[PDB]
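Model: Prostaglandin G/H synthase 1 / ligand flurbiprofen.
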Amino acid sequence: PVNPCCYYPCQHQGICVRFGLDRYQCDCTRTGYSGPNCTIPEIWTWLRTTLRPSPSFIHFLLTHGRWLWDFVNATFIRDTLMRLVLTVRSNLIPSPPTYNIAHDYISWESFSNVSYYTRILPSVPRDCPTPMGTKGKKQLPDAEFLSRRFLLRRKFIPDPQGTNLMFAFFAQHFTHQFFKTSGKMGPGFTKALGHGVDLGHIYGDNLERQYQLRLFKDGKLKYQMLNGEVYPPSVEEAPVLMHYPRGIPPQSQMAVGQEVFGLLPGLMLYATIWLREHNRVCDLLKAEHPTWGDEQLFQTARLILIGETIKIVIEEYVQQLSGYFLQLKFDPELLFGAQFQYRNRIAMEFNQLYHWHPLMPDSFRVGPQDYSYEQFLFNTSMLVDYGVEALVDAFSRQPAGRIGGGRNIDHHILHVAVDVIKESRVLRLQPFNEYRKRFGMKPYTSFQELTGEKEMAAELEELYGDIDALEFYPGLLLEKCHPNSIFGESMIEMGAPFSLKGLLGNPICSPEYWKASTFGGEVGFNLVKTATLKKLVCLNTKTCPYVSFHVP
Amino acid sequence: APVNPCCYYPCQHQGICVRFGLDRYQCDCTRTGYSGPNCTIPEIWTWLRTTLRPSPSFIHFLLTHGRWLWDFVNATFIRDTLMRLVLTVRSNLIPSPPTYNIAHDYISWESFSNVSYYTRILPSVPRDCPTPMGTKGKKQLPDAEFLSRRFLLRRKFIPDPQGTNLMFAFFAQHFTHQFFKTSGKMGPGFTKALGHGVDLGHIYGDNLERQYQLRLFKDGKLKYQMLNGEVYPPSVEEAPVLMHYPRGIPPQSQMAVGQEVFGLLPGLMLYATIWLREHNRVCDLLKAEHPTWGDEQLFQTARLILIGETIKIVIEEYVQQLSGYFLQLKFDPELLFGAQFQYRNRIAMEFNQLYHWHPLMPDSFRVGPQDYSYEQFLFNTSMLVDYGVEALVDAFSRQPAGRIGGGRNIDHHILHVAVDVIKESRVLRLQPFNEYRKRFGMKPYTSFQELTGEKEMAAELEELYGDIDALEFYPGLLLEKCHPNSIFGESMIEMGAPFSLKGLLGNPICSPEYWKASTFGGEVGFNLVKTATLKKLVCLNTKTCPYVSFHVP
Ligand code: HEM
Ligand code: HEM
Ligand SMILES: *[C@@H]1O[C@H](CO)[C@@H](O[C@@H]2O[C@H](CO)[C@@H](O)[C@H](O)[C@H]2NC(C)=O)[C@H](O)[C@H]1NC(C)=O
Ligand SMILES: *[C@@H]1O[C@H](CO)[C@@H](O[C@@H]2O[C@H](CO)[C@@H](O)[C@H](O)[C@H]2NC(C)=O)[C@H](O)[C@H]1NC(C)=O
Ligand SMILES: *[C@@H]1O[C@H](CO)[C@@H](O[C@@H]2O[C@H](CO)[C@@H](O)[C@H](O)[C@H]2NC(C)=O)[C@H](O)[C@H]1NC(C)=O
Ligand SMILES: *[C@@H]1O[C@H](CO)[C@@H](O[C@@H]2O[C@H](CO)[C@@H](O)[C@H](O)[C@H]2NC(C)=O)[C@H](O)[C@H]1NC(C)=O
Ligand SMILES: *[C@@H]1O[C@H](CO)[C@@H](O[C@@H]2O[C@H](CO)[C@@H](O)[C@H](O)[C@H]2NC(C)=O)[C@H](O)[C@H]1NC(C)=O
Ligand SMILES: *[C@@H]1O[C@H](CO)[C@@H](O[C@@H]2O[C@H](CO)[C@@H](O)[C@H](O)[C@H]2NC(C)=O)[C@H](O)[C@H]1NC(C)=O
Ligand SMILES: CCCCCCCCO[C@@H]1O[C@H](CO)[C@@H](O)[C@H](O)[C@H]1O
Ligand SMILES: CCCCCCCCO[C@@H]1O[C@H](CO)[C@@H](O)[C@H](O)[C@H]1O
Ligand SMILES: C[C@H](C(=O)O)c1ccc(-c2ccccc2)c(F)c1
Ligand SMILES: C[C@H](C(=O)O)c1ccc(-c2ccccc2)c(F)c1
């Protein structure tokens with residue numbers, strides 16, 4: 001008998017429980033729907049859905065009428081909407097977390113074993129006819145082929161939103177604190193046990209490593225002076241494990257939180273800015289609290305940067321990426337009246353989705369000089385050569401490529417996308433259309449409806465066989481972009497919930513922690529409350545370059 | 001030279017004392033409902049609320065009186081209304097996410113994330129204070145041992161007036177030893193029970209490897225053995241798990257269970273046997289319903305069912321007995337679905353102190369005509385299989401347990417534990433009993449007599465401590481006067497309840513996300529939880545059904 005749950009019978013988040021040898025049951029508890037497949041709505045569920053304007057309609061209003069938005073951004077209504085975006089978006093992400101690579105059911109082990117990435121939809125039952133359940137071909141498209149046909153960059157397509165490399169590297173740096181797949185354990189396993197903005201990519205994903213990077217004086221982090229400038233310490237001074245190519249000596253490697261950050265000047269640039277920033281804040285506190293020791297200085301410094309990080313991400317990073325006219329705001333207090341759980345768990349779907357590799361350019365222009373991937377990648381000297389200001393101004397001026405759209409991943413890193421597709425299949429992620437529905441969208445009815453065109457659509461169709469067999473990642477990247485946008489509808493509708501929950505679900509956002517004393521007084525508190533990308537860079541550099549997420 | 005201003009505990013109503021400069025301090029009264037330098041000026045509403053709040057003692061009275069009136073209420077919707085009130089009101093007293101730990105008397109990411117630490121409600125007494133308790137009392141605290149033989153040592157056995165028995169005393173020990181599991185290797189303030197709550201790790205193991213060792217790996221079942229045609233935990237030979245049995249005891253005589261320490265007492269191993277029986281039983285109920293299920297899902301779903309069974313019996317029978325209320329307590333996770341509640345819990349060190357209910361233990365253990373001594377009971381690897389579950393359950397269910405509050409009621413055989421508790425309290429540098437009184441919404445004692453309710457002990461305690469404001473946390477709890485005909489006094493309830501209710505309702509299975517019939521494998525597993533009962537727990541797992549209760553007949 002075919003596993004009845006391969007048909008994904010239960011709608012609206014209802015749970016498909018298998019009974020007997022051939023039956024199944026949908027647990028529609030609190031779905032707002034009744035019936036065998038959770039399809040008969042309640043009068044209230046019926047209104048709400050039938051009155052909800054499409055994602056596209058909303059996106060429109062948010063990116064138009066600058067004049068209207070200007071007023072709004074100046075009234076209490078800005079908060080009202082910000083609170084709405086926050087709650088509405090978050091309800092989509094389950095808390096406490098549900099399934100993991102090992103359990104497609106709730107279990108104490110899933111709830112407690114933090115080494116697993118969680119997942120929103122259980123996997124495609126291993127006993128289904130096809131790889132995606134019931135539809136599609138018995139074999140899925142060669143990952144590599146699929147990668148060269150539709151993802152490979154032919155000619156560079158820049159992002160129309162004006163996003164640059166300063167933002168592209170910020171995203172890479174940022175996300176690599178919570179996405180840290182255990183190579184030793186396999187897919188579905190993470191080393192980033194903080195599952196969120198713990199700033200472990202600065203301090204270490206484990207206590208020992210933290211102690212190694214710590215100066216143990218004034219709460220300061222170790223470092224070194226080169227050209228009279230401050231840079232991360234050497235692997236010699238701070239004997240921490242880093243991933244540098246064989247043959248590179250300790251004395252020649254810089255020690256930072258994330259082991260992998262040595263493979264790119266853009267990453268190590270950001271590691272330098274934040275190391276600079278931690279020690280700076282350590283001084284502000286010491287002045288205020290001479291009685292404080294190293295630990296408390298260190299500990300309070302870390303909480304301040306965590307707050308700084310969450311602010312800049314919401315108000316500048318996400319502001320850029322959304323391209324909204326509504327002025328986003330970071331105020332943990334808008335949630336103090338809501339029923340919100342300050343807890344977060346990195347989902348595997350979120351890791352797939354954040355493989356924004358198409359951002360990377362064809363080359364890296366640093367002034368009159370233009371560097372190749374082969375000159376940029378692994379270059380252990382470019383940062384100290386140019387210095388923070390020089391690289392920040394550079395990345396801030398060079399445009400980053402479009403994310404959504406198709407065929408815009410530079411050939412040098414196209415292997416990553418191939419791997420992402422293969423991993424998706426190991427994890428046995430459900431079809432793109434299932435996630436569409438799961439995140440409140442209607443599933444695509446044709447490959448053309450998805451792509452918005454006819455060439456690719458037709459080939460994808462002849463490859464997948466059924467739109468209902470289109471995979472999660474390919475579907476996200478090949479889906480048509482919103483007009484003049486960096487990506488399309490799905491990336492926002494699916495990525496935002498995961499994103500907003502992970503920022504607001506941080507314990508420092510809870511009323512219990514959001515107190516001036518948590519940060520060491522008004523001083524530390526305002527550092528958080530007023531954090532800004534320019535301040536972050538500029539208060540830590542001899543001069544202040546063009547610093548922005550938008551290309552000039 | 002300048003005395004740490006925070007040794008004076010300046011900030012009232014939960015305001016935080018932040019030290020500034022070399023000699024200043026500041027109180028963070030953010031959201032305390034009080035303003036001012038020391039968080040002392042209330043807001044109109046805070047003022048009303050406090051000035052209109054009837055005392056703990058008044059409330060306790062109403063709750064234990066007017067049965068006929070309680071009988072009517074218990075039958076209206078008014079029972080849920082109050083149950084929800086008790087739940088929310090009680091819980092707000094416990095911070096979430098957690099705050100301080102033995103290492104940080106400030107909020108920090110490490111405290112928030114390092115789960116090896118027990119948390120704490122009040123930061124320690126600054127190491128730079130004049131006296132050990134801050135500002136008051138003598139420069140040296142009472143000898144722990146002395147203090148223990150004068151006021152805590154049992155002269156004559158005082159039974160609990162509430163009718164609590166050994167079935168309950170052992171249930172409490174078994175239960176609490178799943179979340180209280182101090183790391184001997186790491187020292188005080190460190191726990192091995194990383195579940196920080198009702199994870200049933202004292203059945204399954206506090207770590208994955210141990211779990212795998214105890215698992216049969218068939219039908220989701222747990223390993224076990226047949227002795228006298230009855231089921232008992234497997235041998236350490238069969239399930240090579242580390243247990244704490246004195247050197248010299250054959251492994252052939254060691255039973256392997258979740259909690260390493262449960263071999264020290266027939267009462268503990270009795271309960272480990274009932275639950276092992278119960279897990280496998282539920283495994284069968286599910287397999288029947290889901291033939292397609294594998295071992296893991298059977299195992300996993302079985303464990304969630306017993307976690308629910310455990311939380312129900314604790315609230316409706318265990319806490320019902322202990323409180324002695326006429327209001328019929330209820331376990332319905334749904335009463336909290338409208339409240340702002342965080343489904344998260346973290347074991348506090350103060351909770352560990354408070355739960356050292358050692359005075360419950362009797363002078364000897366009567367099992368029928370036979371009466372056993374501590375030397376025949378403790379570490380007796382054969383009494384359980386000899387007598388069997390039914391025989392011991394009926395026994396413990398009939399023998400009364402001793403009063404907890406009051407003083408002079410800890411049997412000499414285990415009085416050392418209380419001595420250690422007092423010494424540890426000082427390592428952790430817990431604040432004075434009066435501080436916690438206030439912290440949990442009570443007015444601090446003004447005299448040793450007001451606390452004890454008499455004059456003899458009071459006067460000696462006074463010449464020992466010097467100031468009531470120097471009375472330590474644990475001694476204060478045990479020496480404080482009991483509510484009339486109660487097992488303990490006001491503080492044990494007002495302080496222990498918040499910690500307790502939060503830890504039961506803060507379990508993830510109580511969240512709307514998990515409280516679904518599918519979480520338990522269908523209506524079947526769901527009702528097992530919804531209808532759990534002490535008698536069913538025992539009796540559905542024993543050839544016969546003995547007198548089984550938390551109340552002595
Ligand atoms: C010079 C450009 C970059 C290079 C050389 C690069 C290379 C890689 C490689 C090799 C992997 C490792 C796993 C695999 O082989 O599948 C990977 C994974 C990943 N990359 Fe990049 N990447 C770059 C930029 C970015 C950017 C701009 C982002 C977007 C924020 C990003 C996001 C990710 C994510 C989230 C993962 C998975 C991390 C994990 O599971 O631990 N990468 N990248
Ligand atoms: C036969 C009776 C019992 C004996 C032999 C006994 C013995 C002990 C001993 C030796 C300690 C170990 C640490 C120390 O030496 O300070 C201890 C701790 C403890 N006991 Fe008991 N106990 C008994 C009954 C109970 C009961 C009835 C309860 C009440 C529920 C209880 C609650 C506790 C708690 C919570 C701890 C601390 C656990 C930890 O920190 O890991 N004990 N007990
Ligand atoms: C609920 O969904 C099921 C499955 O989608 C529908 O019934 C059939 O179920 C069998 C076995 O699961 C499948 O092989 C078929 O594909 C389904 N047939 C059809 C026509 O969909 C069923 O119609 C749905 N029930 C209700 C009440 O909507
Ligand atoms: C979290 O879950 C993983 C996966 O089960 C655990 O790792 C396994 O542990 C068992 C028992 O120690 C080993 O036999 C396996 O080799 C491990 N598998 C993997 C993929 O590493 C891990 O130990 C769990 N962690 C905790 C803290 O419970
Ligand atoms: C690492 O980056 C440095 C630049 O910071 C590279 O050296 C420069 O190479 C360009 C050629 O494109 C020359 O015009 C510059 O004069 C060089 N400057 C210095 C200071 O060497 C270096 O070649 C890069 N390393 C690798 C392996 O490509
Ligand atoms: C706030 O509480 C303090 C301490 O209980 C009161 O007086 C302080 O006394 C301590 C010990 O003698 C000294 O360290 C301080 O210098 C005193 N206070 C201050 C503010 O410096 C103080 O009067 C209380 N303030 C109010 C308004 O009640
Ligand atoms: C949780 O905190 C404890 C206490 O700091 C950590 O244990 C210490 O770890 C350091 C670094 O490995 C050692 O030098 C000490 O010997 C340890 N102290 C104790 C009392 O064991 C522990 O490693 C932390 N655990 C995690 C997972 O972060
Ligand atoms: C362990 O408990 C058993 C009872 O289960 C003890 O054996 C009994 O001891 C009493 C008094 O000592 C005798 O009157 C009974 O005849 C014994 N009963 C049985 C079934 O043997 C045993 O002595 C205890 N072990 C220790 C070391 O004290
Ligand atoms: C004002 C009262 C309006 C009630 C409208 C109820 C319409 C419910 O429409 C529902 O749509 C699903 C898909 O077609 C079906 O599976 C349900 O049987 C059907 O009732
Ligand atoms: C306006 C024409 C259709 C009106 C249908 C109104 C039905 C009232 O809806 C009620 O909703 C409750 C949950 O919200 C259910 O428990 C009740 O059974 C249902 O009757
Ligand atoms: C605030 C806004 C919204 O909820 O509409 C929003 C928030 C977050 C994202 C976002 C999506 C994917 C990765 C990172 C950020 C996004 F695209 C849009
Ligand atoms: C329900 C009731 C209440 O809140 O009043 C209640 C709840 C829990 C306890 C309790 C106190 C200390 C240890 C274990 C349980 C208690 F004594 C009373």
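The chains referred to below are lettered A, B, ... by the order of the sequence lines, with proteins before strands, and numbering in each begins at 1. Ligands are counted one by one from 1 in listed order, and the atoms in each one are counted from 1 as well.
Taking every instance into account, the structure holds flurbiprofen at ligands 11 and 12. In this entry, the other chains with a heavy atom less than 4.0 Å from flurbiprofen (ligand 12) are B. Site of flurbiprofen (ligand 12) with heavy atoms closer than 4.0 Å: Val86(B), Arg90(B), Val319(B), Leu322(B), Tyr325(B), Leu329(B), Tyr355(B), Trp357(B), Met492(B), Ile493(B), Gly496(B), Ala497(B), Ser500(B), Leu501(B). Entry annotation: chain B, source organism Ovis aries. Using UniProt active-site annotations for chain B, the residue nearest to flurbiprofen (ligand 12) and its heavy-atom distance (rounded to 1 Å) are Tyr355(B), 3 Å.
The entry models no covalent bond from flurbiprofen (ligand 12) to a chain. Following UniProt from the N terminus, chain B has transmembrane segments with a non-hydrogen atom under 4.0 Å from flurbiprofen (ligand 12) at positions 4.
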